[PDB]
Enquirer: 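Here it is, the structure, as structure tokens.
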Amino acid sequence: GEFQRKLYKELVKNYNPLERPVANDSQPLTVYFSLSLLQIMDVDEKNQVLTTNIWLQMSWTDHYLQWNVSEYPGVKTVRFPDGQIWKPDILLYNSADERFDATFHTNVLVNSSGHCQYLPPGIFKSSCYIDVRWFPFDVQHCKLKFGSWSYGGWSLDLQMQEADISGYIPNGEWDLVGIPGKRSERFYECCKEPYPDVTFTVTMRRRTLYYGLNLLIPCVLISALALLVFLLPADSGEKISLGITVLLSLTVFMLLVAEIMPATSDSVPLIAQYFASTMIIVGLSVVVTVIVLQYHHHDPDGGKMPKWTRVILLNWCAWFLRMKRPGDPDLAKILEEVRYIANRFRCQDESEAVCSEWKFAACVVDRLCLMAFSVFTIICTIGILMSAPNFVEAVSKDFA
Amino acid sequence: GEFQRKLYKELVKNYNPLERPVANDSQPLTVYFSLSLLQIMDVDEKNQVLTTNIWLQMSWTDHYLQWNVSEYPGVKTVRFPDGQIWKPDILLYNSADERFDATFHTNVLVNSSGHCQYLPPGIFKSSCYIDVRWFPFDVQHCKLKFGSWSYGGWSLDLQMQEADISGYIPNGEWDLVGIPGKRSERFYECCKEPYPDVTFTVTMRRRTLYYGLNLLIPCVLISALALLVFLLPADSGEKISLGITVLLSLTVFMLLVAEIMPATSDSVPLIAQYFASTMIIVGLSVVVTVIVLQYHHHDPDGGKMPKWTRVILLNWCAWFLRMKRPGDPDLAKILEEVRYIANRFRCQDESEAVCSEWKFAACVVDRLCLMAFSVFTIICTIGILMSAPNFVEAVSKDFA
Amino acid sequence: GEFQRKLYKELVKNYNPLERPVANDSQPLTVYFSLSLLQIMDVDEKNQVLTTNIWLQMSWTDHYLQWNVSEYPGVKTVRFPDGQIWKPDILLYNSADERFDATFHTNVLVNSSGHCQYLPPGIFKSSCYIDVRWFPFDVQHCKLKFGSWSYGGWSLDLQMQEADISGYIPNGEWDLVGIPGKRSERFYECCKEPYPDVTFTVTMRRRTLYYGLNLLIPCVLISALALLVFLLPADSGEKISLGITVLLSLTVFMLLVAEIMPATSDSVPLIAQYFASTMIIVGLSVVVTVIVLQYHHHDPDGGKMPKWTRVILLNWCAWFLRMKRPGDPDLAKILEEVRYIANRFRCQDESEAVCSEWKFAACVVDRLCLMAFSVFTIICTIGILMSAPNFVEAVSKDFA
Amino acid sequence: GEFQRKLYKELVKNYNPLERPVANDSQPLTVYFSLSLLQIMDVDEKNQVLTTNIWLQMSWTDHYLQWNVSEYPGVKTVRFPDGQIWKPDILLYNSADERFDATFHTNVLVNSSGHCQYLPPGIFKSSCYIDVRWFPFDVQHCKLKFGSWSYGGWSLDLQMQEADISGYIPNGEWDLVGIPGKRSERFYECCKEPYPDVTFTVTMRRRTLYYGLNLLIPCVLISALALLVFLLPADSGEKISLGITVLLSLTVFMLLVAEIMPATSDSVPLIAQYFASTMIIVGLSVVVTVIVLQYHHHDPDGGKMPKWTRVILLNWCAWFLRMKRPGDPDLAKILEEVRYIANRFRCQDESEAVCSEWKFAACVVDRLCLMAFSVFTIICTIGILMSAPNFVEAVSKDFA
Amino acid sequence: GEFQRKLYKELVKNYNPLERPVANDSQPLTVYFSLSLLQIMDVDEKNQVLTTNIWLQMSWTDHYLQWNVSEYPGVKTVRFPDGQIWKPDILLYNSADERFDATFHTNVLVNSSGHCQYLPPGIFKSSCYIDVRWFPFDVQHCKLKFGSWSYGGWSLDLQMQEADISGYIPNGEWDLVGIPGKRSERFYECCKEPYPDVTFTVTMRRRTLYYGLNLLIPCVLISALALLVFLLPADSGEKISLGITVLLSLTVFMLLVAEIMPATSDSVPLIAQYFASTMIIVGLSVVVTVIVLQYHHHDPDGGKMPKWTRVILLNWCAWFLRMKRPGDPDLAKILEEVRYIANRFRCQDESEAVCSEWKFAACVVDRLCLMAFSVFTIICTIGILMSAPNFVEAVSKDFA
Ligand SMILES: *[C@@H]1O[C@H](CO)[C@@H](O[C@@H]2O[C@H](CO)[C@@H](O)[C@H](O)[C@H]2NC(C)=O)[C@H](O)[C@H]1NC(C)=O
Ligand SMILES: CN1CCC[C@H]1c1cccnc1
């Protein structure tokens, strides 16, 4: 249109995009800064970066970009690309992208009275600390720090407006608790000019249904399965394979969880210590199995049963468990031969009678250690799982 | 040509690529927006990102870019590169590309009446929520949101033209149901103007043949083979070995299928339900095998058969399953030794006959659990697989 | 050079890089398009993306860029950079790259009479369909579709010339067969004017010396070793172990072959069919082994062999496979004691005879199933591998 | 303001951004260089690349950009963008980024007396030598070499200022020791002029809690479990299974650590030595188990035990380990028969005694090898771990 | 300063960066090309690309950039950024980078007499054929081809200087042998115009210590462990398990080697041949073990040993292997009963004698195959390992 042609010709006359558009040089320029969260793309525990989709929102007042609507009827807003008009050089301090500023440079909407609006979108790769002490029951606080790079207090001051989450799209993995900001200043040593900035802390809680169902219940189920070795009869000589096989499966599980995990040395992760507890449990199970197997295959002609073992395992450990202890000249020569055979059979029976005691002792030890291990595994898993804060309500909100 | 030289020189005179080319400044500018799908390149469920090849279609009527054909014979159209004429600032809202705009800027073809055509190509990475509840018998809807970034409804009013799929190249994995769009007018609280926008919802369906042949069926054969532990005779120890090795094969399968899919906590996936059910079936099979082995290797005098088991397993279950039960002074000394040997043999005979009942009971319970688990696996697999709403359609299309 | 400087100054007077350089505006401008293949960098079966290294060859005639050599002695050719002279806008229609035009903008060499040459190199990524129906004996045809984006057939007469392969560098995996090209005219829904394009089809054949050694031969070897169970005597305890470990190795092998290959549902790959057949073979091997184990440990005093089963196994197959079957008052008291002992021994001998007959039946069944499984796996492997077309030619070229 | 606009107009006048801003052309310009470490992001061992977040600091004195604040009251500082004033060309020599210069070009802040201050941020990837001889108890020294590219020592007098670590954010895995720097002068084959450069060395210590808990301790535990084969009675065939399965798990661990470790041939890693030692220990355990099993299943009436082995095993070693060694005509015909039976039984008893002595010898060998292997593995592990320098410092700082 | 500004203003008058800076247009311009190796970043065997840190080095003479120092006393050199002066267009012919020119454009230093220096750094990625026939004892030649893209003999004749390896930082895996170069001229069909270019060949030798300690030694050790199946007595039921688990471990080792190595089909790698040989050895080890097991569990009444086997496995090899072969009417009824019992025991004795003879034959076969396999494995290993060229050089330079 004719009027907007005239306006665009007139406005850029003697305009320098290198100057602050303030009527008075001494007075600072007021700039309002705010966010608009749209989505959380990914939270990388291993690399400790946070990727989000965010619309910035900056606004100020321009002294020179003013006109009277009466002289230019119909036109009431104008737009300018980058470089042609002055903009605040506000950029993220916590950036982790290769280019230090990931932000699409869009148009600047201008008032008929000098008020500019700037809403550039972009995908921001922050670098925030990822606490992993209570994984997978986590609450994370990642900070985004914005502010002018080469402008001070007398240059321009920054004011905070509350973050907008009206357009938030919920994420499958993380639950957004909130996003509160704060405006703070920082004085230097030379000069008493406040240097303001705005920081936003994004707080998220991990939803634990997936990690629970895929990590914890399988591991606890097969750890409970690992106690079946104490139920097998020792005569079926395939007890060791069970223990070693479940140990191998647990090792595979551990190395995968190490794969997902980062490599910080700040604290012992809950899942890692739980896996270590299961490691020790299965190892002690295998050791006890070897002990019982040694007891079962005892040589009858070897050493005698010690009195301590006899009085402990066969008496007290049986009372505790209420387990029952289930217990003519040639005529002389032929007589001697038959007597020899009978005596040999008697000796064989007496020798076999000894092995029964050892086998019963093996069964008793097996039952006792079964009970002890079954109690211990439950105690350990319950204590470790419930030791984490943010567990009861986490499970109540996820699994229910 | 001299005529096109003169025309190109004349058109750019006084032209301003900043002003919106309308004869009347008060009235808006109508812009027609459409789409042209070429192919779907990727659907990443783990990152929730859709990659497509798309040709944008825009069209508006410029005002100043007009000329008389008679004055410039031969010339019918002109072409302008980026930055030399006014273009709509149309952007994709939900984008996952690090650079927010992912369109290749090409020339604009302008007719002699002042009609501009803009057909920029590009590869678009938009983020859409990919439901995984009914995986792999899945149907997904992903939305693309387009619209001007900084032009209002009093200035630029979008219009819809139906999407073009004439050039579509079919995908191997995804079947395209269709891509219907819709035009809507959002209203601002300040002002009575509309804010037109156009959204395109791409609907696709996964083809269930690769997954069917590589994940579903192999698990069925492995689970079925896990029941071979029951037909096996307990005399040759292989039962626990069989059970555990099937278990680990299932674990590695579950690890694969877990690393394929994302960590969302919105619902339990169908494949997860199937694998968990197989987990439980194999574990219970191993437990039953342990019980059977305990029954088989029973000490002949370590106890007595309780009346409940003696009646049940030996008569009732044999009835149900139709299995038959498996069935001078120097001479008196010789007398008592020979009778002692005979008595020893008789005692051994009766003790050996005792264990036959225990072995038969083990066989009976083994057959019973075989039948029960054979029914259970079939029922569970059939129910879980047929629970999917479009299972019949998928099996009729992909397979038949 | 003064002459070079003066000519460069003169050639750019009133030159518009926006106009098509023709003497008469009505007739189109002829452009010859070719292509110089240099290297096939990579073929991505999983992503259906082909990466090649090519040099474009465009040539046309510029009417304004002419000069008389007699007045410019030394200079015979000139070079112009990007954006200073008119260039055709030719780009790939199939680019699977984040940027839709991956070419390095080099100079344009100009004749002394107005002929322009343009040879921009670059690495081109394109999306072409990949066939896995005959993996790894497949022949792939991929397409490269070039054309002007914004010039119709009335302004750009695109022509074609044969592709150049004189500098081709052979690849270590794919053997180049040829690269023809054909011109075509297409109508687009945008506009009522044909748009010519030039399509080059690259035909290449995969060499099968690496896959034949690392995916086929090991599978055959361990499938054959899976038949070693039928030789192993049942008196040992390592038959089920053999079978199930073979299954584990086979599953790992198939899983890796699955991860390398694309997830298409258009056909069942040859390697997939082979792996499924081998899975079935080993599974039935395990089932037969279970049956033989149950036969060999058959408990006597239970059910006698059926007449049909006996007359089959002990006679027909036994003769067929050339197998031979394994074949004072105290005196009265002493008398009936020794009578009891002798009768006990006689009954024991009868029981052992029945057991020996059962074990012979098991051996015969094992031998027969050995023969059947061996012949069946041989014929299935040969048939599956020889079903593919151009298999013998590939075998000859690669191995011999 | 008016003063700001006038000053910006005045400064730009007759300014060439190509000339070095010095009052005297023959005098070198002084530039102060400094660093500000913000965060160590990644230490890639395989690729030997260190990624850090760094702010560069540069400062010099421009001769032309000076003014009197009396004539320009409000304005005290001005800002200039890239490409409008002279800037140094300081760039990293060791950059490993695909684009050689990875820095964000910000404004340049200027005094009223011409003092320029330039603080460009950026994320720098540099190639530094990584030493893994003492992994995971290593201390690394990575250098960053900065310096002007095309400015010699007679024009740009580079100076170094101490690095700033006040804004350092501690990293979970790496511990910062110090960042000293020195300014050295070098000669290059290009030119006969010295080119000064500034090198900063980053010294980092690796926190070892993660690796100590995830790699060393589980390896220790399962290596110890591998010694249980010397407590299993030989009558249960489950010793080779134990040894070989632990060997398999060890091989898996070796594969994983080799995955983490880079391919280098400078010196053997400590963890590589540890895993090799564990390999040999477990292999020797398996060999000893094979020897013991061969001893146990001796066939009597065959090889008589040699006198040397007899005495060594059953006199000295057995006592040393406190092991106790275990241990009418018809009447004539019947006499002959009973004599034959008794003699056969006596021969069986003698064979049993020989078997018992062989089994006792096997047990003695087993116990002796158990003790030897235990002491050997303890000594080897403790020596290998303790050989690393500052291992005591590492454990004291991390664990305690 | 003053003279700097004056000279900079004077040097750009009427200066066209598009023209070749020569005094005579007909005569060509001499350009000297060179290189400066800094580091070999990576050698990718799979994608077959080479990454290096390189500073190019070009030098030529400019006719127009000349001045007399006495007129401008302070300035001796001037610097021009990209786009201000004429630069030769020299780029990598065989680059394998997504952008065809990975080169950082720095300043150009010009002397008082017109000499120009241009040393742009960069991280180049070139695709060079990588031979893998001799892995890991490998020597690779990679060629870098540089040349002009638009100029020829009458326009630009590239001379040569030897590549500079001063300041080259040794890599931990690849040892540099040399970087020879060679200039050459190529003529076109039309005209006798040379087209000189410079090519550099980088020759590097892989250091084999890491691969020897991670791939060769462990596989030899496990292969030797596989031979232990020939010392385990047949009574233990753990002979098949040993061989099978060795096969599994070696399969996963082959998997790793498959992942590291390229998928070429031009030769059979040495490591591939060695792994195939070891596979074959273990396979016949398992086959022989099965034969021995079926030989040892031979029923006494199932047949008789053939004469050939009886004479070759019991008299010839036994001596060769130095093994010794191990070795009133009621009274009549009582007599007949005891005669029956004695005859029964006699038949048992003959049976176990035949069984013992069969077991001796099995042991002899076992020892024979042990010796044969022990010789064969070492023969094949030595042959394959020493078959490679420069293997003595590799071991001498790495392990000493
Ligand atoms: C400016 O730079 C070039 C650098 O080469 C100088 O050329 C050298 O001049 C000396 C004088 O004898 C010769 O020995 C060298 O061989 C020349 N080098 C080359 C490549 O030709 C040139 O002299 C310098 N000019 C001034 C005024 O310093
Ligand atoms: C052939 N071109 C490429 C696709 C459409 C067509 C076109 C037509 C007009 C303006 N731009 C593109």
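Throughout, protein chains are lettered first and strands after them, A, B, ... in sequence-line order, and every chain is numbered starting at 1. First listed ligand is number 1; within each ligand, the first listed atom is number 1. What's counted below: heavy atoms across the whole structure, side chains too, no hydrogens, waters or symmetry copies.
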Enquirer: At ligand 2 in this PDB structure, which drug or drug candidate is present?
Expert: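 PDB records call it (S)-(-)-nicotine.
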Enquirer: Which molecule here shares more close contacts with (S)-(-)-nicotine (ligand 2) than any other chain, as the PDB entry names it?
Expert: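 Main partner, per contacts: Neuronal acetylcholine receptor subunit alpha-7.
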Enquirer: Which chain letters belong to other chains having any non-hydrogen atom below 4.0 Å from (S)-(-)-nicotine (ligand 2)?
Expert: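 Other chains under 4.0 Å (heavy atoms): B, C.
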Enquirer: Point out the residues of chain C that UniProt assigns to Ca(2+) binding and that have a heavy atom under 4.0 Å from (S)-(-)-nicotine (ligand 2).
Expert: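 Sure - UniProt-listed, with a heavy atom under 4.0 Å: C:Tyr188.
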Enquirer: List the transmembrane segments of chain C, numbered from the N terminus as UniProt lists them, that have a heavy atom under 4.0 Å from (S)-(-)-nicotine (ligand 2).
Expert: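 No segments, UniProt numbering, with a heavy atom under 4.0 Å.
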Enquirer: Can you check which residues touch (S)-(-)-nicotine (ligand 2) if I set the heavy-atom cut-off to 4.0 Å?
Expert: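 By heavy-atom distance, those residues are B:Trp55, B:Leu119, C:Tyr93, C:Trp149, C:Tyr188, C:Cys190, C:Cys191, C:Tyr195.
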